[PDB]
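Following: one structure in structure tokens, then a few remarks.
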Amino acid sequence: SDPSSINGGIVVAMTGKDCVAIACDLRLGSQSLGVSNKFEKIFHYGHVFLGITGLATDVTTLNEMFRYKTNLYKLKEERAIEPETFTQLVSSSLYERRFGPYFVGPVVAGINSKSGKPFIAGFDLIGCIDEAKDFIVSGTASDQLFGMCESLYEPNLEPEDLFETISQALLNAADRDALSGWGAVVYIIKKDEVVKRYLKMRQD
Amino acid sequence: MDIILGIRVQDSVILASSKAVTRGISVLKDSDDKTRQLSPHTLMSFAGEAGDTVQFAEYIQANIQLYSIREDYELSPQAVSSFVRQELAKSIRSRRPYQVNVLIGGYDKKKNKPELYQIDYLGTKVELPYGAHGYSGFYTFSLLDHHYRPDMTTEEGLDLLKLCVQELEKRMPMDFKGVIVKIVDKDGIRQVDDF
Amino acid sequence: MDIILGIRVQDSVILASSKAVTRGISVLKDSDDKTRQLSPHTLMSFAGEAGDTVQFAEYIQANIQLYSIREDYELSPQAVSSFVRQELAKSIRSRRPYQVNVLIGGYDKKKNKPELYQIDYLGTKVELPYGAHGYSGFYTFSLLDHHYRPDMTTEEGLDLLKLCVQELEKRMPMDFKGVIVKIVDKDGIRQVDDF
Amino acid sequence: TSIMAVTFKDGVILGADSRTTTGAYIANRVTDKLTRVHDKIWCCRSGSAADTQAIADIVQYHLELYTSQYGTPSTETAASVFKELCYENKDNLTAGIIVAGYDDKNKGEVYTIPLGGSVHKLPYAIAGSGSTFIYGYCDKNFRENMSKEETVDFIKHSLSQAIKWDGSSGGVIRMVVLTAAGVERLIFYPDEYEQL
Amino acid sequence: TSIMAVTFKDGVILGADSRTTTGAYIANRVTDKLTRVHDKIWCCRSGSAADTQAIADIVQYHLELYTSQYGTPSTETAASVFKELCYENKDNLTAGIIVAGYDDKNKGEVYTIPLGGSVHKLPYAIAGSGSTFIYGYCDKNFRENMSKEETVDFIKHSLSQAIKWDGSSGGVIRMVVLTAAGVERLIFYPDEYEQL
Amino acid sequence: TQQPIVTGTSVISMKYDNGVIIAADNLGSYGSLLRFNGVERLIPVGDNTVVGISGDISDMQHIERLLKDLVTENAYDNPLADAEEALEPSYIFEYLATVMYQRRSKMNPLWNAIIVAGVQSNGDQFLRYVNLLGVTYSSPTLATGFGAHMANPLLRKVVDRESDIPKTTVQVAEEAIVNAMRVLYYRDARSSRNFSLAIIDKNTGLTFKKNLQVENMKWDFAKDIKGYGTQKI
Amino acid sequence: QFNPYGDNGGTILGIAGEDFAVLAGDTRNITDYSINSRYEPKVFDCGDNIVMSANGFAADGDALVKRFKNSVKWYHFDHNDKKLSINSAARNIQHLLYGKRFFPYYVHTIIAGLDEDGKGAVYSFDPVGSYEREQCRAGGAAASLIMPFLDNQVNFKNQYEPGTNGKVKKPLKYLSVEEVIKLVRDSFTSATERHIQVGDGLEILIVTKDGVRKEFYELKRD
Amino acid sequence: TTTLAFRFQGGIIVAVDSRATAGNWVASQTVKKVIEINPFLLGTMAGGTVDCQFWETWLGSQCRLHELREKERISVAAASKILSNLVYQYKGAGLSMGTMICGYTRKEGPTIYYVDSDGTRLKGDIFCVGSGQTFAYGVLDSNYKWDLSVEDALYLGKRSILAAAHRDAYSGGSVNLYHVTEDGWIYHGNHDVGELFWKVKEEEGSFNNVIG
Amino acid sequence: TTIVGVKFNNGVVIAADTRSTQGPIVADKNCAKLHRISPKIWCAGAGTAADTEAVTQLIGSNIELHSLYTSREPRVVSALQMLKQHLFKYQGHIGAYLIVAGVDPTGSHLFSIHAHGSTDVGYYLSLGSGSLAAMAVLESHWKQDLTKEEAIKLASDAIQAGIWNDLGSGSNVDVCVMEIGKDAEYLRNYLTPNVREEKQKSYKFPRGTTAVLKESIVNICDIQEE
Ligand SMILES: *[B]([O])([O])[C]([C][C]([C])[C])[N]C(=O)[C]([C]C1=[C][C]=[C][C]=[C]1)[N]C(=O)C1=[C]N=[C][C]=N1
Ligand SMILES: *[B]([O])([O])[C]([C][C]([C])[C])[N]C(=O)[C]([C]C1=[C][C]=[C][C]=[C]1)[N]C(=O)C1=[C]N=[C][C]=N1
Ligand SMILES: *[B]([O])([O])[C]([C][C]([C])[C])[N]C(=O)[C]([C]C1=[C][C]=[C][C]=[C]1)[N]C(=O)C1=[C]N=[C][C]=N1
Ligand SMILES: *[B]([O])([O])[C]([C][C]([C])[C])[N]C(=O)[C]([C]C1=[C][C]=[C][C]=[C]1)[N]C(=O)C1=[C]N=[C][C]=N1
Ligand SMILES: [Cl-]
Ligand SMILES: [Cl-]
Ligand SMILES: [Mg+2]
Ligand SMILES: [Mg+2]
Ligand SMILES: [Mg+2]
Ligand SMILES: [Mg+2]
């Protein structure tokens with residue numbers, strides 16, 4: 001009945017020293033029934049990464065919508081959109097559906113190509129921007145993720161250390177949520193290289 | 001309607017769909033074909049609310065047939081599935097949404113690969129080796145999880161499908177009057193007349 | 001539970017009762033005997049809410065068995081049916097009523113006549129040549145109205161009963177996993193093991 | 001309903017309208033809402049007619065039995081018996097009662113018992129649907145130790161306004177005077193009090 | 001809310017409390033409920049603060065545009081513009097407005113517009129939750145052709161009682177005097193009006 | 001299950017170095033109607049305890065009678081009723097707390113919020129809360145209804161934790177309480193200007209102050225406030 | 001309509017060591033968006049080297065603890081001052097809770113102590129009396145924030161040994177009392193940051209063969 | 001929850017999962033869903049937590065009292081009926097139970113009774129109960145035979161719970177196995193699904209849909 | 001949420017806490033609730049966070065165009081009128097509860113706005129779940145003719161009352177001072193009385209602790225030449 005917890009799923013993002021990390025589970029369900037273990041929730045438009053939790057049809061629809069908009073942006077501007085600018089575009093796009101909203105929990109992550117500054121941001125289903133220095137959480141196990149991140153996190157972690165922290169935050173949060181799990185992916189993002197790692201986790 | 005199944009093997013996609021149509025108290029028909037050919041190498045099965053199912057299926061069929069004539073070219077299963085998803089994703093926020101779930105089985109002639117797409121009435125699309133809608137998956141997925149291997153032959157796929165139907169006929173309360181099975185491969189679409 | 005039928009012929013009463021037990025989504029059992037022997041020449045089939053059915057049937061069984069021992073005498077089917085009706089008529093105005101419908105088939109050894117009584121959970125009793133509870137009558141009564149003749153033999157009664165079950169298996173949405181058939185006559189109660 | 005009780009120099013006076021309504025229909029235009037539970041302990045009734053009659057009948061019974069054993073009861077005692085019934089049966093009752101009585105030791109006393117079943121001893125009390133419209137007037141015009149004639153005028157003018165504005169109030173203005181001299185009934189008709 | 005407007009010999013005076021409540025919390029204790037739609041046409045507002053502000057703003061706009069085309073509007077005209085908004089939008093509005101104004105030809109006039117959107121021309125008008133408690137007092141104490149000082153006392157005493165009994169009313173008593181001489185604002189604090 | 005009819009608003013209280021202070025206004029409201037203006041809602045029990053009650057007044061009067069009966073009963077066959085075996089604040093509270101929870105458990109609650117303030121035999125300050133649900137808690141400052149939202153923030157600036165209690169005199173504590181009562185009169189639509197205050201000190205005993213009034217009120221600034229935005233006159 | 005239940009917030013945490021056990025809980029008590037008390041003890045010494053906390057609706061919480069303490073008293077009277085073992089206390093509490101199965105004590109109960117072999121023990125209860133011995137359990141408001149952290153840092157879940165890459169798990173080495181208290185303090189500090197009903201103070205009760213000891217720590221008061 | 005029990009040549013296999021959930025929140029992964037009523041009788045747990053715990057421990061007290069009074073082991077039929085008659089008294093009040101009472105006696109042999117909080121009491125050979133019952137039925141029905149070895153029967157039960165643990169969101173944690181003979185039940189360990197899944201996948205060649 | 005506004009001698013000051021909450025969870029610990037409508041007109045917002053942001057931006061945008069159209073610096077009454085009429089039209093569904101303050105050629109101003117479109121004038125105001133705690137402090141300590149230093153102190157003390165006593169408010173105090181004939185100074189994190197203490201332990205993991213299935217480089221660059 002509650003649109004935001006029909007399909008299930010989670011996303012988490014973190015900042016480190018000259019790097020950012022964004023991670024998600026791979027589950028798609030119909031309430032109790034597990035349907036797919038390959039439903040990735042992180043997308044990227046140029047160097048800007050976007051994770052989206054919530055109702056799966058809207059996750060897909062919004063990805064297609066932002067691909068659409070960032071492609072037109074690039075043709076007109078003659079440059080790739082930056083994380084700060086994209087964050088504003090997500091907020092604008094969600095709020096235009098104020099009274100008929102997409103049931104989603106987006107998360108932006110990336111490094112500004114000019115300043116080199118790491119950036120993350122979160123949103124509610126209707127556009128409000130949460131721009132945290134440390135971390136952002138989203139999805140059906142957001143409470144769990146808040147608890148993990150708040151204890152595990154420390155500032156200025158090196159890329160390979162940050163990987164371990166965000167991975168352990170996701171995995172242990174997902175294992176305390178019935179509608180999350182069935183696999184996981186972690187993106188480590190530096191100024192001009194991005195590594196993608198699939199994690200081994202329990203499949204129940 | 002009730003049960004629709006799909007499985008993708010080495011060189012084909014197999015769709016199985018129940019024959020029963022029930023209007024409340026009586027079973028009005030026991031030979032109903034819950035499927036439409038969208039293009040020579042793409043088949044769509046469907047299940048949902050009465051009327052809406054056929055109305056939606058035929059509407060999609062007409063649109064794909066129109067595209068085929070205009071361009072003198074068959075759309076890929078991936079392209080057709082995306083078109084169908086968008087129509088349902090549009091539909092869900094309409095005045096009166098289409099209450100229809102579909103499976104799209106197609107053989108991509110460019111990549112020489114079979115492809116199975118599962119889409120629900122919300123517009124939730126996933127590519128799968130095997131899929132189902134409604135309560136069908138609750139009985140059958142445990143068998144498919146055990147037996148499916150991705151290099152099966154079409155004959156092995158039909159045997160695994162028989163095992164699924166047998167479990168459904170044992171544990172489901174409703175009598176769905178058997179299934180019509182159809183195979184989609186490089187040569188097109190054909191119906192298995194004895195199942 | 002689901003389907004319970006009854007037919008009174010020349011020299012016997014025949015009760016047919018489905019074997020399926022369904023707990024919502026799954027069919028937990030396909031060999032369930034929805035009947036209790038109240039006395040050597042009296043059989044009661046039952047259908048209604050889970051738990052209440054067996055609880056009521058066994059409670060009646062215990063009471064009739066108690067009467068038999070106390071008096072060293074078998075009550076007439078008419079007497080047993082009246083006792084059962086009163087228990088249900090008492091039940092309907094209780095805190096939590098028995099949600100149980102029953103058929104009572106018995107052979108009266110005094111009058112040398114078979115007798116079939118239909119009683120619903122309200123305590124509504126009627127003596128009939130043939131009867132049913134739930135939706136069973138909706139399919140079967142038209143066939144019984146046509147073919148039933150009261151000088152029928154037991155073999156003719158079973159054939160007419162097969163025709164009823166075949167219609168149910170064709171037009172009912174639910175799979176009731178066949179029926180257990182039992183015959184009540186001057187020699188007592190026996191089960192037809194092949195049906 | 002518009003009811004009130006007012007203490008004054010010589011004792012206490014109870015006042016009431018005479019209208020009983022079933023919705024907008026006046027079921028009785030000459031009702032007696034001033035009722036006697038003892039010789040010089042009376043009450044004004046508002047709310048359900050059935051409830052307040054049932055209560056008043058029980059109280060009269062209790063005080064009659066009290067009198068036979070312990071002599072004349074105080075007004076405070078009468079109010080307590082009313083309270084005990086109204087409080088303990090608050091869930092099933094709709095009764096707003098004013099209790100008024102005259103002792104020789106305590107002189108005139110007034111106790112008001114609203115819906116909840118609480119007791120409030122006051123110099124004067126107002127109640128009923130029509131009382132809402134005269135809180136301002138009564139507060140401005142009440143004085144302690146008024147004369148009989150002044151108190152009759154105060155009640156007559158007050159209930160006149162309550163009747164004027166409240167649809168649930170009307171008919172004649174009944175009054176009952178309680179003093180050492182005895183018990184006096186008064187009645188005032190529309191032609192008299194409407195021109196005030 | 002306790003609001004009232006009273007005509008007198010030299011014109012008309014508007015009066016109001018200053019309390020705005022969200023349930024039992026007083027969201028503003030120094031509210032100005034006397035609002036200006038034209039130089040010598042003002043109104044008292046009760047009901048929804050949002051609705052009555054939205055209406056008053058629209059009316060001021062209409063009368064400003066009327067003035068630019070046809071000169072000074074009558075008080076009756078202002079009341080009609082209020083009515084048109086309140087009546088036609090009765091389903092979506094909760095607004096009880098009193099309109100008061102001073103012409104030289106018509107002198108002081110008062111129009112009351114209750115919930116429905118009906119118009120009633122009166123010598124004086126009372127409204128708001130607290131008005132219920134002073135129907136009796138105001139009816140007994142109002143006279144036509146009072147002096148300025150008498151009318152100020154009448155409003156001060158009336159609203160004092162309304163404030164005393166109504167929880168939704170309180171704070172300071174604001175008043176606005178409308179005469180040929182001009183527009184005068186008056187304020188009266190709790191220490192003054194509570195001891196009346 | 002019932003609904004409250006005639007109701008009493010906030011009760012506020014705090015601890016100080018040698019005892020406790022408690023206060024509550026004298027109003028009995030009937031919905032939005034400010035019906036009864038002379039209602040005492042602080043009820044002393046002996047010379048060492050004051051019970052402050054808010055909520056339904058009929059239920060308050062019942063509790064008042066229970067406490068009156070409790071004193072009578074304690075005196076029975078008790079030569080030390082006015083000495084070692086006198087009623088303590090802790091005894092009075094626990095009794096009420098028992099009754100409140102029992103009544104909510106029968107789905108027929110006494111619709112009240114209660115604060116028991118007092119001083120124990122050994123001089124220790126006692127201050128504890130209980131309500132219609134049987135919920136109990138203690139704190140250096142306690143308040144009911146609107147007092148919880150408005151009084152506590154002010155009183156907690158004086159005594160923020162346990163270690164602030166010895167540092168707080170009776171003059172400073174009373175000042176804070178009286179100020180809180182003024183704030184409640186500004187902002188609570190079901191409050192009155194008239195209130196009662198009670199001090200229970202381990203040295204000077206029980207001081208019960210009646211007929212107090214809120215004074216030193218700021219209203220003059222109201223004259224400058226005009227319209228709701230754009231209006232100038 | 002009258003609602004006999006309420007929510008007083010708070011959060012509790014029990015951890016069983018090798019020869020000790022801790023039961024911690026914040027000292028904040030609330031209703032809705034208001035603070036009732038910054039220091040209202042929630043974890044209690046019930047005698048016989050058993051500590052208990054019933055978190056949720058405080059009225060039901062106090063009633064239950066009161067009745068269990070009473071049960072310990074009468075267990076001594078009826079059975080010759082025999083020490084009530086932790087497993088026996090647990091079973092007794094189930095019957096106290098199930099007694100009100102159809103009008104439940106709206107609480108999450110946790111008890112801690114030592115078993116009859118001297119090893120650390122923690123038991124956890126739902127409102128209607130189902131119970132289970134556990135090594136680790138958080139209860140109350142911020143339980144969903146704390147438990148995943150304890151799965152990771154106490155039971156070393158999803159942790160493996162470097163170099164082996166997922167093949168060899170991190171071995172389950174025992175934790176000292178000093179090490180557990182560190183994890184308890186960090187759990188509550190983290191919970192305080194992200195949960196509005198958690199804060200003010202932390203009170204820990206430590207149970208060993210020597211008896212019951214207490215420790216108190218300040219938490220953020222916002 | 002997924003719980004199963006089935007009759008075969010070697011007696012009865014009982015297999016259950018370990019997960020408990022409050023909404024989407026995973027409350028526990030270490031729940032003992034098999035109750036040891038005595039050395040000879042087992043009960044499974046499904047539905048609401050306490051009801052099945054409380055009343056099946058209570059059932060053990062009644063069985064102990066029976067054999068104290070009658071100097072003889074209680075029959076599975078009699079033990080199951082004590083529980084079913086008890087819950088029938090509470091029918092409507094809101095109890096939530098789905099259980100299998102499993103035992104092995106001389107007069108009956110291996111016996112399983114499905115008992116239910118609506119009052120249902122059914123004797124049978126195979127039963128699956130819980131939110132993941134349909135998934136477990138699939139594996140059982142296709143692989144079940146009477147002539148199964150104790151080793152193979154144990155594996156089938158383990159595998160059927162795994163099937164449900166994978167697909168059903170409200171099932172998982174670990175698998176508890178029991179084998180019931182005439183001389184009593186025998187515990188066959190706790191098996192973590194996290195480790196069991198990867199092991200079975202590799203060795204059995206199943207779950208090719210999942211990447212490992 | 002606790003937001004306040006306080007008038008003083010030569011201007012006006014507004015303040016706010018920095019906590020945002022979804023139910024009983026804190027979504028952001030250092031949230032920014034002071035919004036800029038124009039250079040010298042700022043407002044604080046309570047209620048639905050997307051709404052207070054969106055309605056401020058829209059009116060702030062239109063105020064900027066209006067200022068360019070008229071060649072005049074914007075007025076607070078213009079922002080007030082545009083905000084109230086917008087909110088009234090949406091019948092309360094846009095959940096924005098605002099305290100609007102600023103300086104303009106007319107002088108210094110302070111207003112409140114509620115979601116249904118009603119406005120109020122005052123020397124001191126407070127909004128949000130902690131408005132009662134704040135208003136208690138304001139009613140106790142406010143006087144006429146406050147200085148700049150006194151008004152900042154009073155404003156932040158009122159927010160602190162909300163921070164400590166209201167569970168809907170917390171973390172830090174943001175302030176914005178708008179004095180006549182001066183630039184508006186925005187004091188982000190004016191007070192920081194809620195820094196988290198050092199943790200007992202470091203939870204930095206040994207490298208290789210997490211099990212990995214696959215690795216791959218992601219192509220973020222465009223299609224390459226040659
Ligand atoms: B008075 O209006 O409260 C009046 C007092 C009663 C004792 C005679 N009550 C009634 O007239 C009531 C209705 C009512 C009106 C207003 C408030 C509360 C109740 N009438 C009756 O109880 C009644 C009506 N018709 C027949 C019998 N009883
Ligand atoms: B008065 O009490 O009617 C008053 C008049 C208003 C124009 C200031 N109304 C209010 O105080 C209303 C509530 C109300 C009370 C009684 C009757 C009808 C309405 N208040 C509001 O509209 C309000 C409250 N808080 C914030 C904003 N608006
Ligand atoms: B199982 O999933 O049925 C399980 C069995 C129980 C004995 C541990 N039940 C639960 O976990 C239930 C939820 C549920 C899920 C699916 C079907 C039926 C029930 N849990 C609870 O009832 C519950 C209640 N309070 C706290 C935690 N869990
Ligand atoms: B305060 O409590 O009014 C605060 C002010 C806001 C501008 C930061 N409100 C919130 O934080 C609201 C509370 C709320 C919760 C649920 C519905 C409506 C309002 N929170 C949010 O708007 C919010 C919550 N999660 C993410 C983003 N925004
Ligand atoms: Cl009468
Ligand atoms: Cl206003
Ligand atoms: Mg019948
Ligand atoms: Mg009249
Ligand atoms: Mg706070
Ligand atoms: Mg699972």
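Lettering of chains follows the sequences in order, A, B, ..., and the numbering in each one begins at 1. Part of the entry, not all of it, is on display, and contacts are counted within that displayed part. For ligands, and for the atoms within them, numbers begin at 1 and follow the listed sequence.
- The drug placed at ligand 4 in this model is bortezomib (bound form).
- In the deposited model, most contacts to bortezomib (bound form, ligand 4) involve the chain that the PDB entry calls Proteasome subunit beta type-2.
- Heavy-atom contacts below 4.0 Å between bortezomib (bound form, ligand 4) and other chains occur for A, I.
- The residue-level binding site of bortezomib (bound form, ligand 4) (heavy-atom cut-off 4.0 Å) is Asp124(A), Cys128(A), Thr1(I), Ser20(I), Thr21(I), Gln22(I), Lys33(I), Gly45(I), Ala46(I), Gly47(I), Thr48(I), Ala49(I), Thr52(I).
- As listed in the entry, the molecule name for chain A is Proteasome subunit beta type-3.
- Lab note: per PDB, source of chain I = Saccharomyces cerevisiae.
- In chain I, the UniProt-annotated active-site residue lying closest to bortezomib (bound form, ligand 4), with its least heavy-atom distance, is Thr1(I), 1 Å.
- There is a covalent bond between bortezomib (bound form, ligand 4) and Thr1(I) OG1.
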